[PDB]
Amino acid sequence: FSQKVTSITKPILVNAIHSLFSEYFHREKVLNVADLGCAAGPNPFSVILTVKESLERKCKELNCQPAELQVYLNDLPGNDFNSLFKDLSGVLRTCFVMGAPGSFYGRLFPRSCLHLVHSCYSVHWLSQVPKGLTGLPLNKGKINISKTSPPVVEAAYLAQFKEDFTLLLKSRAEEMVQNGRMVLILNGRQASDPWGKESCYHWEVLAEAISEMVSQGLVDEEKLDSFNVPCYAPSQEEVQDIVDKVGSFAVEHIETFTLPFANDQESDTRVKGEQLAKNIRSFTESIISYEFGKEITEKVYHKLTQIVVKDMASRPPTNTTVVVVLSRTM
Amino acid sequence: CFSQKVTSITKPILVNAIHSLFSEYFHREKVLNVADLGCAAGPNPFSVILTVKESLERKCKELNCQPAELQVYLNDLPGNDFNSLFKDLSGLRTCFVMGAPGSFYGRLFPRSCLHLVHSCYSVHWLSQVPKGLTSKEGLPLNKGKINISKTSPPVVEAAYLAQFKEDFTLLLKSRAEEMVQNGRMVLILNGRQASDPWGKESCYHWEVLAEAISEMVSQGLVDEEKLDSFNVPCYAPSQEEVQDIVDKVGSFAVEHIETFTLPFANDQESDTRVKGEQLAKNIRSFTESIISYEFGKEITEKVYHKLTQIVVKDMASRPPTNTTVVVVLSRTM
Ligand SMILES: Nc1ncnc2c1ncn2[C@@H]1O[C@H](CSCC[C@H](N)C(=O)O)[C@@H](O)[C@H]1O
Ligand SMILES: Nc1ncnc2c1ncn2[C@@H]1O[C@H](CSCC[C@H](N)C(=O)O)[C@@H](O)[C@H]1O
Ligand SMILES: Cn1c(=O)c2c(ncn2C)n(C)c1=O
Ligand SMILES: Cn1c(=O)c2c(ncn2C)n(C)c1=O
């Protein structure tokens, strides 16, 4: 899945880079790139290579020396920059890679210096759990928007997102050169899709595993009730509406695509389920662990592995991605 | 006290260099860019950030202008503990702090963007152990020691100086390409008074480590050939050497040159034992990794135990000094 996403989207990144060339940004002394929420895995390496290779390839054609490249790798201060920097030791030459700790909800970089901003699977995370999920907890059974969720949950999540995403765009707007491009890829939904397993498979199946622990009386039902993940899956329409209100970007590309969550290149339904569960753990573990402690979380994932395995044998789940490319105007 | 003494004595030099930036109206540019070479993870980088931030804010008040934004690059080798550094920096408004992993012997930053470069106790470390500390035959010159000593043949001295000339030149050439016209660079490093002999006067730590090693050779727990052909990639230059190297690189003017010598141990401690133990701990903390890599964990732990006994003994008779060289450059042409 992670592989599928990066490979499907690579041409979009490359097209955005090509836009930079018809502005002669490759003729400037340095090209500045930012990756928002880079984590520590291989995706940042691949973003660096894509830009580096495309920049080198084009300067070969035009018989000029390539601009130098500066890549800022942004993530929250708790990110494992140590590992990231150790792995980057095995691009160089004319290539200067920085760590930029901080939240992308706010200023991170000098005014109008960025030529390219990139983000893959970060900007769906909210700055806080949305307000108005309370006293008394609305959204009783669940940890995200669901089939069973009252209309107010939906509206609260959307409102939080509108705030956050607007603050993201405003910050990036201040930091980008005229005609700079920004490529944003995030977990999303098809508008005509219902809530529940269609769009938020992972949040639904986690709430199931929690509910099994409540049922075993190992967790208070009030805890599940007033637990909510600070994460939203927008439609492309929502994204585009938010962008429309911030008058400093032109939309150059908008896209939604839906894949199977489970890995195709595996024939056995077992393993397929276990892998998907492992995958889900790997990006939900820290938020779950922090809320329920190590002992209970270990139990939650064991039941999760049983739920997904069962799901593989009947209706296999999907996952949906929204992609937008913006150009800085005015 | 020592690390504290160095940062506090040199703070005015940093501030003067910053003030030079103001008379170039760099505070009127959109961003002021600062680099700290070899920042490690301790409190010194925080203090450099504060010094610049405070001075920049203070002077924009005075001249009634819009404050430039501040960008600070914190450079160190990859596998420096940037995790801890970044966590501590969280306890930062129009103030953008970056990690810049890599060696300062080489390019690290875009061409001509830096206004201020700062470095405290880094650039004395060489890029490699210097070549030519072994004869044609294959015999190791510099028999007893791990740095330049009283007992060292002339070729050791000349090889270390040559390595430093290479390294320091490469540092200056790289920074020259990366600094704006009239940018300042403040370099503070462990050094020597020219008229000082080699040995305990200038390289206390290398001398006392070679002692501890020699005690392990004496207990036959380490081959004498290992000590013989082991050499630390570190030099303590005179201010004259530094100035000669700078003179050959035609892109900097010297604005300040300084040598000063302090007691190594913390003076505000009355007990000789603790004074010695502290100095030893201090010495371990900056020599551990290169000692450990060479002799393994088991014998290194023994080396530091004997080191702690040697320094404690030294505190009670002749207390050691340590010497610092400081230079400030301006980017010209
Ligand atoms: N406000 C914020 N500012 C910066 N990083 C953030 C953030 N909120 C979440 N993140 C980071 O976003 C990342 C999401 S995981 C995706 C990582 C990478 N883009 C990839 O494709 O693999 C995490 O590392 C998380 O710490
Ligand atoms: N070539 C090189 N490039 C970058 N950092 C280097 C380096 N050689 C040594 N260093 C770093 O220089 C540091 C010296 S310790 C000094 C820490 C800090 N400047 C202070 O005043 O406390 C070490 O962390 C070491 O890893
Ligand atoms: C890192 N990450 C997420 O953060 C994520 C996700 N699906 C939804 N989200 C929120 N996937 C597949 C993922 O790899
Ligand atoms: C890192 N470091 C050194 O590298 C050093 C030193 N004194 C001498 N040297 C070489 N001190 C105090 C120090 O902290």
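Read the sequence lines top to bottom; their chains are A, B, and onward. Heads up, chain A uses the PDB entry numbers, so what you see runs 26-115, 124-167, 171-366. Throughout, chain B uses the PDB entry numbering, with the displayed residues spanning 25-115, 125-366 in order. Counting starts at 1 for both ligands and their atoms, following the listed order. The figures that follow rest on heavy atoms only: side chains count, while hydrogens, waters and symmetry mates do not.
- The drug that appears at ligand 3 goes by the name caffeine.
- Against caffeine (ligand 3), the chain with more heavy-atom contacts than any other is given by the PDB entry as IpCS3.
- Contact chains for caffeine (ligand 3) (heavy atom under 4.0 Å, other chains only): A.
- According to the deposit, the organism of chain A is Ilex paraguariensis.
- Looking around caffeine (ligand 3), I see these other ligands or ions under 4.0 Å away: ligand 1 (S-adenosyl-L-homocysteine).
- Residues contacting caffeine (ligand 3) within 4.0 Å (heavy-atom distance) are A:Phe26, A:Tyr154, A:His157, A:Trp158, A:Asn223, A:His238, A:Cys267, A:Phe319, A:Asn355.
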